[PDB]
Asker: 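Take this structure first; my questions come after.
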Number of protein chains: 2
Amino acid sequence: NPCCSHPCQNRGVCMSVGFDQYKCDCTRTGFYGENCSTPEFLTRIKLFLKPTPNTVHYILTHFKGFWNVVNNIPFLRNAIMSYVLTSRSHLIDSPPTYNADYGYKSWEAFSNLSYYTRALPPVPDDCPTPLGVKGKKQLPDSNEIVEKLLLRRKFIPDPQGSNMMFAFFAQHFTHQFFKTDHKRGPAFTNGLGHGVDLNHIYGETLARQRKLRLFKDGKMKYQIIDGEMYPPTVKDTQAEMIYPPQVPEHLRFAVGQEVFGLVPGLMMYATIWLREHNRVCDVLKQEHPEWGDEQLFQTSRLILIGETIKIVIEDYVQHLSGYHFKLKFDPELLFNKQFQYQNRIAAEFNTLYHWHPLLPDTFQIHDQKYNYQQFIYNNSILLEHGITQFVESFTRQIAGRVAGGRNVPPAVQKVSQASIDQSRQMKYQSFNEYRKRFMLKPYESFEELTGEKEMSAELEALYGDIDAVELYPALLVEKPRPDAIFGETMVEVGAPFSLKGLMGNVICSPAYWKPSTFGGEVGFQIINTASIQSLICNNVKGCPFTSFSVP
Amino acid sequence: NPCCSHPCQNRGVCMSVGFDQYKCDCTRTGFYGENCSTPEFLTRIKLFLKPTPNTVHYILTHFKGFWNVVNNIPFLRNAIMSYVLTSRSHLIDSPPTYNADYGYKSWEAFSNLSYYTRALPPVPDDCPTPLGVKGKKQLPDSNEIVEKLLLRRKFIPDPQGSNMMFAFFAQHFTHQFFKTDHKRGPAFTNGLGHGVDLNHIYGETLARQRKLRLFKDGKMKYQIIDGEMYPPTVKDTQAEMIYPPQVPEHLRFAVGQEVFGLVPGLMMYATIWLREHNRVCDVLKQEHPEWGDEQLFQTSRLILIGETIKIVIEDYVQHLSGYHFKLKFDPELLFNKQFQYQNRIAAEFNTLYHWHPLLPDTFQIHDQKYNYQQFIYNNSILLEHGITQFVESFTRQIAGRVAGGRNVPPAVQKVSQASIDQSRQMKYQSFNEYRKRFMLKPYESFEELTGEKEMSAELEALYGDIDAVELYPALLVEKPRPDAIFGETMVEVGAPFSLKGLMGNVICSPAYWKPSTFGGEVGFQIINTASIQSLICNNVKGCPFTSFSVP
Ligand code: COH
Ligand code: COH
Ligand SMILES: *[C@@H]1O[C@H](CO)[C@@H](O[C@@H]2O[C@H](CO)[C@@H](O[C@H]3O[C@H](CO)[C@@H](O)[C@H](O)[C@@H]3O)[C@H](O)[C@H]2NC(C)=O)[C@H](O)[C@H]1NC(C)=O
Ligand SMILES: *[C@@H]1O[C@H](CO)[C@@H](O[C@@H]2O[C@H](CO)[C@@H](O[C@H]3O[C@H](CO)[C@@H](O)[C@H](O)[C@@H]3O)[C@H](O)[C@H]2NC(C)=O)[C@H](O)[C@H]1NC(C)=O
Ligand SMILES: CCCCCCCCO[C@@H]1O[C@H](CO)[C@@H](O)[C@H](O)[C@H]1O
Ligand SMILES: CCCCCCCCO[C@@H]1O[C@H](CO)[C@@H](O)[C@H](O)[C@H]1O
Ligand SMILES: CCCCCCCCO[C@@H]1O[C@H](CO)[C@@H](O)[C@H](O)[C@H]1O
Ligand SMILES: CCCCCCCCO[C@@H]1O[C@H](CO)[C@@H](O)[C@H](O)[C@H]1O
Ligand SMILES: Cc1cccc(Nc2ccccc2C(=O)O)c1C
Ligand SMILES: Cc1cccc(Nc2ccccc2C(=O)O)c1C
Ligand SMILES: *[C@@H]1O[C@H](CO)[C@@H](O)[C@H](O)[C@H]1NC(C)=O
Ligand SMILES: *[C@@H]1O[C@H](CO)[C@@H](O)[C@H](O)[C@H]1NC(C)=O
Ligand SMILES: [N+]
Ligand SMILES: [N+]
Ligand SMILES: [N+]
Ligand SMILES: [N+]
Ligand SMILES: [N+]
């Protein structure tokens with residue numbers, strides 16, 4: 001297959017012609033030529049006027065005094081935020097195109113929601129090398145890559161100060177649309193909503209939802225333990241959960257997402273959002289005494305979806321980005337722009353979000369320490385300390401740095417290996433191919449990638465060619481930005497997927513973004529004043545201070 | 001329920017406040033006031049400068065010599081057609097909102113693809129009238145309305161000259177997205193693609209597709225009978241079909257849509273499109289000897305989808321509109337506009353497309369006369385005369401007029417009644433409410449509706465109030481436009497739905513609309529040079545002349 005070398009540049013579409021030749025389709029790439037390598041008139045200009053991502057990043061993370069002014073000039077702040085949304089979203093095809101089984105457009109790839117979609121097509125079946133033509137005939141041993149490059153020896157803390165509230169929010173939030181269906185394969189998902197539908201709270205299906213709802217006052221089932229609201233159990237709901245045999249039945253809490261019993265950090269957020277849902281039911285009831293259970297439930301769900309997107313942009317991404325510019329959740333920024341209110345979760349989004357280096361060597365709640373053997377699947381801990389203590393402890397405990405290499409806890413070593421194996425099963429293209437896909441200059445040496453000698457040396461021995469390094473390993477060994485949690489590629493590839501999943505949501509469409517959609521102005525206000533602090537304050541006893549970074 | 005009266009005007013959203021008050025959300029309506037009845041300044045100008053639908057109709061249906069010069073000026077034709085698309089499309093909510101079970105926005109209604117969506121919310125469960133407040137407590141008897149207003153007396157021809165090639169094309173084409181799931185009820189659909197995916201050719205599920213495919217050269221299974229290609233049998237495919245016990249096994253044709261064995265008219269088009277798919281496979285094979293069966297099949301499907309959209313716009317709608325303006329299928333017209341590339345089939349679009357008055361009293365094939373007793377479920381008639389004979393005959397036989405009342409054949413009488421009963425099951429609002437929903441002045445009198453004295457009297461007898469008249473009856477009895485098949489309301493409610501289903505297709509999106517998507521320039525040209533005449537000419541022996549109008 002002549003397309004195995006990935007000849008077409010700048011989003012050009014490669015197509016085989018006969019057995020020995022290829023054709024690049026350069027339609028609307030802004031380029032032309034055999035390989036779509038020659039820039040057009042208008043393309044030379046924007047390229048000249050476009051600073052590098054690292055330059056833009058420096059600007060957004062400095063000049064605090066300047067941004068304090070910009071952040072308070074609404075016309076300016078909106079124009080900037082609007083530009084961030086549109087420019088990043090242009091990098092995603094919507095409606096979606098490829099998946100693991102189709103490196104060409106097809107109705108099957110478009111219509112079948114059980115697949116993760118793909119930002120880059122899979123490496124065709126019969127190629128010289130696994131990645132195309134670069135590198136050796138076989139890829140290096142995945143177990144070796146993890147130990148040599150990803151396995152943690154010494155815990156490296158996040159210089160941005162990310163805490164465990166951040167780490168567990170990340171896992172909780174993203175696991176509503178990263179729901180890999182392993183009984184089918186890594187190419188497939190159980191998240192057919194393909195975005196922020198809060199299925200990890202209400203369940204993926206109506207049958208599961210019904211098991212979790214109280215069907216009174218629009219509320220969800222719950223328990224009162226030690227004076228505080230907690231999720232129901234498997235027994236009471238008959239809603240299935242993944243628990244190992246060890247865990248006694250009375251500690252088998254049932255929430256929307258089947259795997260959230262895995263770790264108390266997830267159950268913490270599961271509990272908090274559950275409280276939030278029922279809290280919002282009470283507010284809506286006061287607002288609408290004439291409403292029934294169904295409209296109370298449905299309306300509350302739309303509120304919490306709004307709250308989620310609000311919090312994710314203005315607190316979560318805000319901290320993550322390190323920007324001094326104040327991001328804004330405001331659907332109206334797009335009502336005069338071209339934008340598709342739909343989303344399809346990309347497999348590569350899933351891969352890059354394996355942020356397991358975030359995880360500490362031990363989990364510290366109050367004055368006690370827990371290793372992974374004690375902490376995992378142990379809801380006794382949650383009940384022992386309560387949510388307030390959890391929030392206070394997690395707010396204080398620093399998370400690990402994601403980029404920079406060698407920071408994956410040994411406890412989750414096999415997860416990193418599987419992430420590599422599965423990406424090979426799905427025939428991912430190389431790291432440099434994904435750099436180019438998101439308008440980044442490909443790395444020219446291993447030393448350039450890591451900005452260092454030790455790992456870059458190990459990498460050269462394992463892959464041989466820089467164009468043979470795989471996506472996932474490279475993301476975790478890449479040179480971090482100055483005092484940043486991530487390197488360039490993580491940010492530049494992840495941001496488009498994220499914002500598309502957030503603003504692509506139906507509630508952001510002009511037909512939905514009305515107070516009536518949310519039961520009036522009171523309901524609408526809950527969304528537009530939501531923050532991670534107010535979420536904790538309204539639902540956690542004592543209203544402890546919280547944040548996504550350490551005090 | 002204060003919203004029972006439908007207080008809010010101009011797309012404003014009604015919401016209950018307490019047990020006896022209502023609030024109207026006027027956001028982005030261009031209106032304000034308690035009921036969104038007060039136009040803004042700009043709204044008033046627009047309102048003053050906009051010509052009535054009956055005006056734009058008259059212009060487009062006259063000045064023949066003028067349109068010829070327009071039609072031959074690209075810039076002008078493109079600009080006109082571009083406006084045609086955007087203007088109508090703004091009338092549809094996309095992504096969708098309501099369904100039969102939800103008169104308020106909810107995640108269940110948005111996300112659950114098994115529902116037809118709703119352009120107008122259902123009447124609340126407990127209003128004074130089933131239509132709200134207007135009308136008698138009980139709706140008029142379904143049977144009487146059919147007999148008094150809809151049932152045929154003498155066959156009324158279509159002034160626009162629509163033939164049976166048009167009548168059966170309409171049934172075939174629309175039945176890929178009108179797939180009512182009567183197992184669940186009239187509110188539900190089996191067409192989860194919600195548009196033009198050609199599932200009626202290839203099957204709704206992958207399992208049914210595999211039963212119909214040959215898995216050689218991308219082709220679909222078929223029989224050669226009398227030297228001509230026909231669809232395969234149920235026995236050779238195991239693809240279940242709806243057939244009465246009488247039908248012999250060898251005449252049990254299997255095609256994508258389970259119900260297409262119901263009339264030879266459907267099976268004719270099913271045959272023709274089947275030939276077209278296999279014809280396109282041959283073309284692509286010549287273009288791509290290196291391609292496998294899978295890529296050959298998928299690319300052919302995308303080509304046939306485009307073919308379908310091309311034909312429907314530039315031939316089918318082109319005829320139905322009666323416009324002298326040459327309609328154009330050109331996705332490129334929207335690449336600079338705001339437009340959502342997605343669609344959800346509206347229940348009202350289903351209800352309005354019940355064009356059973358199109359049907360003749362007998363079907364004329366060649367030199368013979370078949371009534372409904374001998375025509376229905378009779379695939380032998382198809383093999384007797386063959387496709388070429390069916391085409392030549394159906395091109396000649398005139399279809400019945402849809403608007404004007406009293407032109408529904410007695411055979412499909414119970415269907416016309418069912419269409420009314422189910423509309424009540426799904427709690428449709430009144431005809432006049434749907435008038436307003438699509439920017440049409442509501443009718444003030446029964447005589448204004450029909451433009452006639454006899455039927456109007458029967459309507460007033462049955463309903464009493466003009467605002468108590470139902471959607472489906474009124475659509476049929478409405479005054480037809482001058483020598484036209486339909487009245488004002490049919491066109492103005494139907495066109496938005498149709499164009500949304502056509503241009504909202506993923507292949508019209510910028511990422512898909514390029515030659516590489518369809519195997520190159522050759523495949524691309526098949527779409528862009530397709531027509532109803534070319535369809536028949538390439539797949540029907542003798543290349544008979546055909547059209548959607550009698551010569
Ligand atoms: C911020 C991101 C984040 C965090 C904090 C996190 C925290 C933790 C954690 C304790 C806190 C544990 C014990 C694990 C352990 C696992 N994680 Co994560 N994970 C995270 C991101 C992910 C993602 C993304 C996946 C893939 C999801 C899928 O496909 O369903 C994942 C998958 C897994 C798997 C599945 C392995 C496989 O073979 O597919 C295990 C096991 N893990 N992780
Ligand atoms: C141009 C439009 C058109 C045509 C030519 C047509 C031609 C014919 C035809 C012979 C040529 C016959 C015997 C029928 C008879 C029927 N049609 Co139509 N139908 C048409 C538009 C529709 C539509 C739209 C539906 C609803 C589809 C659904 O929901 O599944 C329908 C449904 C039906 C049903 C379903 C039963 C019910 O409960 O309504 C019957 C029976 N029929 N139709
Ligand atoms: C889309 O909406 C459909 C209509 O509500 C929904 O179908 C409904 O699903 C529920 C739950 O699966 C069915 O109720 C079930 O109730 C008992 C359990 O208490 C079961 O034993 C029954 O067999 C029954 O399945 C409703 O009967 C069913 N309604 C129908 C088919 O009309 C779909 O599930 C919704 N789709 C999704 C993806 O959630
Ligand atoms: C979306 O893509 C999925 C992957 O291709 C697809 O699942 C596949 O479905 C087929 C047919 O249902 C399964 O094949 C079946 O073959 C025999 C018949 O000979 C059955 O008896 C078997 O039980 C088997 O189900 C594939 O095994 C299956 N592949 C998987 C699960 O990986 C989905 O059907 C597609 N979705 C839609 C809506 O079409
Ligand atoms: C269109 C807005 C452009 C104004 C911002 C100009 C920022 C200049 O910044 C420059 O960018 C170069 C690469 O981007 C770097 O090599 C230089 O070190 C840096 O000074
Ligand atoms: C309008 C004022 C422009 C200021 C731009 C400053 C450019 C700083 O330079 C940046 O420093 C980074 C390291 O800190 C490097 O990684 C970047 O490549 C480099 O562009
Ligand atoms: C708890 C997750 C949702 C957070 C939404 C913000 C709720 C914070 O609290 C709210 O502050 C408002 C001030 O405008 C008050 O009107 C509300 O009564 C109060 O509950
Ligand atoms: C069969 C329904 C789709 C019709 C596609 C066009 C059919 C006309 O026929 C096509 O005309 C072209 C000349 O322009 C030739 O290149 C093709 O070989 C020929 O098949
Ligand atoms: C604008 C911006 C800047 C930096 C990071 C992000 N977002 C991400 C980047 C990488 C990975 C994930 C995200 C995310 O928000 O989930 C955004 C949206
Ligand atoms: C532009 C135009 C004008 C008049 C009728 C239509 N289309 C329809 C109108 C009513 C019912 C159906 C349709 C249709 O295309 O199916 C169009 C698209
Ligand atoms: C779970 O946590 C409790 C404290 O809440 C502890 O006593 C117990 O030993 C833990 N379980 C395991 C297996 O370590
Ligand atoms: C079906 O059509 C054939 C002629 O093609 C005719 O002989 C036969 O009687 C028809 N069947 C019925 C039930 O009328
Ligand atoms: N740089
Ligand atoms: N369940
Ligand atoms: N551990
Ligand atoms: N089937
Ligand atoms: N008949």
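Quick note on labels: first sequence line is chain A, next is B, and so on, each numbered from 1. Just so you know, ligand 1 is whichever comes first in the structure, and atom 1 is the first atom listed for that ligand. According to its header, this structure was worked out by X-ray crystallography, 2.3 Å. For the numbers below, each heavy atom of this structure counts, side chains included, while hydrogens, waters and symmetry mates do not.
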Asker: For ligand 9, which chain wins on contact count (greatest number of heavy-atom pairs under 4.5 Å), named per the PDB entry?
Answerer: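 Chief contact partner: Prostaglandin G/H synthase 2.
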Asker: Give the PDB name of the drug at ligand 9.
Answerer: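 The PDB calls it mefenamic acid.
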Asker: Could you give me the letters of the other chains with a heavy atom under 4.0 Å from mefenamic acid (ligand 9)? Thanks!
Answerer: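 Counting heavy atoms only, the answer is A.
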Asker: Which residues would you count as binding mefenamic acid (ligand 9), with heavy atoms within 4.0 Å?
Answerer: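 The heavy-atom cut-off picks out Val317(A), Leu320(A), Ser321(A), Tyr323(A), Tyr353(A), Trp355(A), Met490(A), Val491(A), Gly494(A), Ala495(A), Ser498(A), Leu499(A).
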Asker: What's the shortest distance from atom 9 (C) of mefenamic acid (ligand 9) to any protein heavy atom, and which residue and atom give it?
Answerer: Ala495(A) N, 3.4 Å
Asker: Can an N or O of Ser321(A) be found at a distance shorter than 3.5 Å from an N or O of mefenamic acid (ligand 9)?
Answerer: no
Asker: I'm curious which UniProt active-site residue in chain A ends up closest to mefenamic acid (ligand 9) - mind giving me the heavy-atom distance too, rounded to 1 Å?
Answerer: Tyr353(A), 3 Å
Asker: Among protein heavy atoms, which lies nearest atom 4 (C) of mefenamic acid (ligand 9), and at what distance?
Answerer: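 For this ligand atom, the closest protein heavy atom is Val491(A) CG1, 3.6 Å.
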Asker: Considering only protein heavy atoms, which is closest to atom 11 (C) of mefenamic acid (ligand 9), and at what distance to one decimal place?
Answerer: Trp355(A) CZ2, 3.6 Å
Asker: Considering the heavy atoms of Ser498(A), write down every atom of mefenamic acid (ligand 9) situated less than 4.0 Å from one of them.
Answerer: 13 (C), 14 (C), 15 (O), 16 (O)
Asker: Just want to see if mefenamic acid (ligand 9) lands near the annotated pocket: which residues UniProt lists as binding substrate in chain A have a heavy atom under 4.0 Å from it?
Answerer: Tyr323(A)
Asker: Numbering the atoms of mefenamic acid (ligand 9) from 1, which are under 4.0 Å from a heavy atom of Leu320(A)?
Answerer: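 Answer for mefenamic acid (ligand 9): 5 (C).
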Asker: Give the atoms of mefenamic acid (ligand 9), by number and element, whose distance to some non-hydrogen atom of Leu499(A) is under 4.0 Å.
Answerer: 18 (C)
Asker: Which residue supplies the protein heavy atom nearest to atom 16 (O) of mefenamic acid (ligand 9), what is that atom called, and how far is it?
Answerer: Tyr353(A) OH, 2.8 Å
Asker: Taking only heavy atoms of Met490(A) into account, list the atoms of mefenamic acid (ligand 9) that are under 4.0 Å away from them.
Answerer: 10 (C)
Asker: Considering non-hydrogen atoms of the protein only, which is the closest contact for atom 3 (C) of mefenamic acid (ligand 9), and what is the distance?
Answerer: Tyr323(A) OH, 3.6 Å
Asker: Check each atom of mefenamic acid (ligand 9) against the heavy atoms of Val317(A) and keep those under 4.0 Å away; list them by number with element.
Answerer: 2 (C), 6 (C), 15 (O), 17 (C), 18 (C)
